[PDB]
Asker: 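Can you read through this structure? Questions will come right after.
Reminder, nothing fancy here: chain letters follow the sequence lines and each chain counts from 1. How was it done? The header gives X-ray crystallography, 2.7 Å. Order of listing sets the numbers, starting from 1, for every ligand and every atom in it. Values below: every heavy atom of this structure, side chains too, minus hydrogens, waters and symmetry copies.
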Protein chains: 2
Amino acid sequence: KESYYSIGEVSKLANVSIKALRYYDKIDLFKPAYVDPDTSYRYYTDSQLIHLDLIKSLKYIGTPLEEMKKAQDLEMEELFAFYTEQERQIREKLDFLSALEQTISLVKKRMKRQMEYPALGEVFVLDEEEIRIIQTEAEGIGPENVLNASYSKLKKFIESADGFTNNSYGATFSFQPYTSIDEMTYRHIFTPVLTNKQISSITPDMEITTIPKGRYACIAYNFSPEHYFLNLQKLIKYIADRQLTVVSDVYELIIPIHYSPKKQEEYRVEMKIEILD
Amino acid sequence: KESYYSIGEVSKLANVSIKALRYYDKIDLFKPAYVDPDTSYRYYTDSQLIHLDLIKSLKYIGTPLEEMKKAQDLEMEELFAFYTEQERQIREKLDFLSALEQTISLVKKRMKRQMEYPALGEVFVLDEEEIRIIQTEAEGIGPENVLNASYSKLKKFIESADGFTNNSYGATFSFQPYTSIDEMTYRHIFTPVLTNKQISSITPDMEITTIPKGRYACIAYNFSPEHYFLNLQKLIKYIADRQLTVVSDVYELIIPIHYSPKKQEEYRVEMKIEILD
DNA sequence: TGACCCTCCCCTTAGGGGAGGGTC
DNA sequence: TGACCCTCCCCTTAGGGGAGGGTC
Ligand SMILES: COc1ccc2cc3[n+](cc2c1OC)CCc1cc2c(cc1-3)OCO2
Ligand SMILES: COc1ccc2cc3[n+](cc2c1OC)CCc1cc2c(cc1-3)OCO2
């Protein structure tokens, strides 16, 4: 080859845009063999095309352009290692993505269950699978004064283990024949976990526990301050009428229907309590 | 909560940077409940913190910010679907990454073999594993006039199946007792394939074939115009002396030692030919 | 008085999309 | 004369890093 290739020829031959070529030129990653001193036209030698091989390959695997500059120097000996490195990072993304995929699936699983609920406002008994959770004591907190900010530390944990943040906010309280909401006080407030991934060094003011597998007398409904208590009451009554034996605290889960700052807020509330007979 | 949270409080509570908060404000993704008309200070209500849940989660899975805006509207019903979509894309990246990982491994495999070669300039017989390749006829092309551009269409194929571009350039020619390089003419020029991934609708001027598994009389060495022919000669002589039977064309593979535009170019050349006894 | 917060401005990857103007 | 090529400029994700200046 005693000639030269014009920018467009190289582009058609290497399947690399002219824009890409001008950029690799500016970047001093791949500069033409000769630039016409007048027209400023870019000209390339055939032997030089070989350098685009590495460039295109590294680009395919996401290597940053400036990163390539150092790679084009090493001589097959170290280039080997360079790849072993790239492999490590590739597996990194894979593990992340696999985990992420699993998480999403679980969020959907739980999400579907709330969508296929028997009936709102009515009490019923069903067999539940255990649900793992992270809890901390309520410290006086009760139905009338809980805040989203109250779940801050809990959420920081689930977040650094799941990436995803809890979908539901939970609380518990002694099963009593209350006559008023102000008589109520939460024992614990909790958030369920998704990934059981070893919780990054948990502090002792948190407990990794579970809402055990068993039979539960439940009731779900769309939140309304004047319905919260009356629904608790249905539950209390239902258990008394069938003479059931409660063997856990009442478990309370609040999950938002939407996260739109536009529409009026609405939550799904679910109270369940483990029973025996 | 009859008060407000200052930007920094929300930041500490939601584990979201103040910068991030100001940006989500500008973007109209998450704006404070109230902005002090004088100080311009940003103030947030506790109930509002709940909207950051979706934001943080979608952000964790790579959803673009403007994309989130539409997601915060849908009500759990469609939000479910939205995730099914996200799952599809997640698997997409996974397949890609898995493939990519496999590719890199192969490039390393081949790369290592060239690094652990018996001896340069000397002829020897070894048992080889089959190597799949894509070839096209040489059309007169020979050792003295092959160009990188000659492998253009071939490379466009391997590239759209492997992402990675071939590491070695190949050619073949009839095994003859040549007396001169100018007597030589390639039958085919080829590039080996990495992924056997169904080659995207291959045109008939290309053949998907293979350098079969078998015994080969080989010789590798660092390229030098005056060594190309003399090494071919060693091969021709070696086969004559042991009275071996050649049962293929001579296979020629050229692979660059580096892709640095700084240092002098250097290639690794390997000639092999399948024999019988 | 210190932390706390605000606006403004500059910077970052790898180019794609033109626009205005010469050029094999 | 048309394609081919060049330089210049604007634009793109999600903010982080200050800088200069008021503020619970
Ligand atoms: C976003 O999370 C929320 C959002 C809103 C919530 C609203 C209420 N609770 C938790 C909430 C919660 O818990 C996590 C506790 C039970 C309750 C009783 C009431 C009432 C409001 C509430 O008005 C008077 O009687
Ligand atoms: C980057 O790829 C290259 C680079 C350089 C190459 C150089 C030569 N060949 C292929 C090459 C190739 O093939 C793909 C064919 C054999 C040959 C005989 C010769 C000679 C040069 C070459 O000088 C006189 O005798």
Asker: What's the chief binding partner of ligand 1 here? Just the name from the PDB entry is fine.
Answerer: Multidrug-efflux transporter 1 regulator
Asker: Report the drug at ligand 1; options are paroxetine, berberine, indisulam, valacyclovir.
Answerer: berberine
Asker: Quick one: other chains with a heavy atom closer than 4.0 Å to berberine (ligand 1), which letters?
Answerer: A, B
Asker: Which organism is chain A attributed to in the entry?
Answerer: Bacillus subtilis
Asker: Define the binding site of berberine (ligand 1) at 4.0 Å using heavy atoms, by chain and number.
Answerer: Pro143(A), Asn148(A), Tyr151(A), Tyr169(A), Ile181(A), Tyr186(A), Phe223(A), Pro225(A), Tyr228(A), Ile254(A), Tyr267(A), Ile50(B)
